[PDB]
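Pictured: Hepatocyte growth factor receptor, co-complexed with elzovantinib.
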Amino acid sequence: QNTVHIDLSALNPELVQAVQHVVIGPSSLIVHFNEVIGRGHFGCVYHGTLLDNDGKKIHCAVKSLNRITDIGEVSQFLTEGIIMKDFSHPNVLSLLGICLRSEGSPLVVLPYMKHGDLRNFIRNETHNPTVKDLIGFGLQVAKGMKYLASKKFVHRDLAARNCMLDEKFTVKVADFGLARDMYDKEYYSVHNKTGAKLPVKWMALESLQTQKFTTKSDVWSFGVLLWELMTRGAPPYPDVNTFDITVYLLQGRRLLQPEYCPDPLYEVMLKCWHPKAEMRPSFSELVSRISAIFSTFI
Ligand SMILES: CCN1Cc2c(ccc(F)c2C#N)O[C@@H](C)CNC(=O)c2c(N)nn3ccc1nc23
């Protein structure tokens, strides 16, 4: 549609062609602004009712971006997150499209997750996840990161709070690309010189020192995610406040083994926490080490 040139006239030409491939007509989307499912730094996430080509009314989550005041920053956000339109994996949150509107902000359309984020699903005292069920979640997250890493994409915010569960209990890595924001305002430290939002208790040791993220720092973060699942959503490093983490990790200290974490899986965690990033296993090694531990549960 030609609405891109008008409603997003601050976009680089090549990005105009990119976002044009994923535009949703306003007649296809019903945004339930009175049914807010959550908030965030960049804006709110509402309920949605998308209508596909055949006519299926699909439940979706619509992310508002009205809090980004600078209209040039909106173009940068779409510039950094448009690549996600090329991602199609069962364990990675797909992108349904973008609804554009001048005198307003572009609406990002994501599919709805019935059981919310993975952390609040396993912390909830009403659900009963067996040890095997929790390792199944970790295996799916490793499958999603194996795909993302294969696309040379760095997540730099991988945590149980950023993974989701659909109706069939399929885990989907999220909080990346156009769906990236800050939804838990207690775990992130804002850099006063660069503005980057850092999950310090999830970043690799080398990431805390130089502020860079590779495909090995998400392996470290994936280690926290496996620790969270075993502890059913306990806060990592509870006795170490955010200024001693870096010194805590330089001595070689790591997270203790959870009371119900099988020894082979903890071994996978320490591998993710190698001080040398090049010694950590790839997400393809993780998808074979964890799947083997998950298959012993027959
Ligand atoms: C924009 C996409 N987001 C936002 C979102 C969150 C929380 C954690 C996340 F990694 C993401 C992401 N990416 O929002 C939080 C305020 C709460 N989000 C939800 O309860 C939610 C749901 N039940 N389905 N569903 C689908 C998508 C979706 N959020 C949800």
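Numbering, chain A: per the PDB entry, residues 1048-1345 in sequence. Just so you know, ligand 1 is whichever comes first in the structure, and atom 1 is the first atom listed for that ligand.
- The ligands or chains attributed to elzovantinib are ligand 1.
- Binding site of elzovantinib at 4.0 Å, heavy atoms: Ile1084, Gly1085, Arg1086, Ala1108, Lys1110, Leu1140, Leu1157, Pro1158, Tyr1159, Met1160, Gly1163, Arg1208, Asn1209, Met1211, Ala1221, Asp1222, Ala1226, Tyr1230.
- Nearest to elzovantinib among UniProt active-site residues of chain A (least heavy-atom distance, to 1 Å) is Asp1204, 7 Å.
- The source organism of chain A, per the PDB record, is Homo sapiens.
- UniProt domain boundaries put most chain A contacts with elzovantinib inside Protein kinase.
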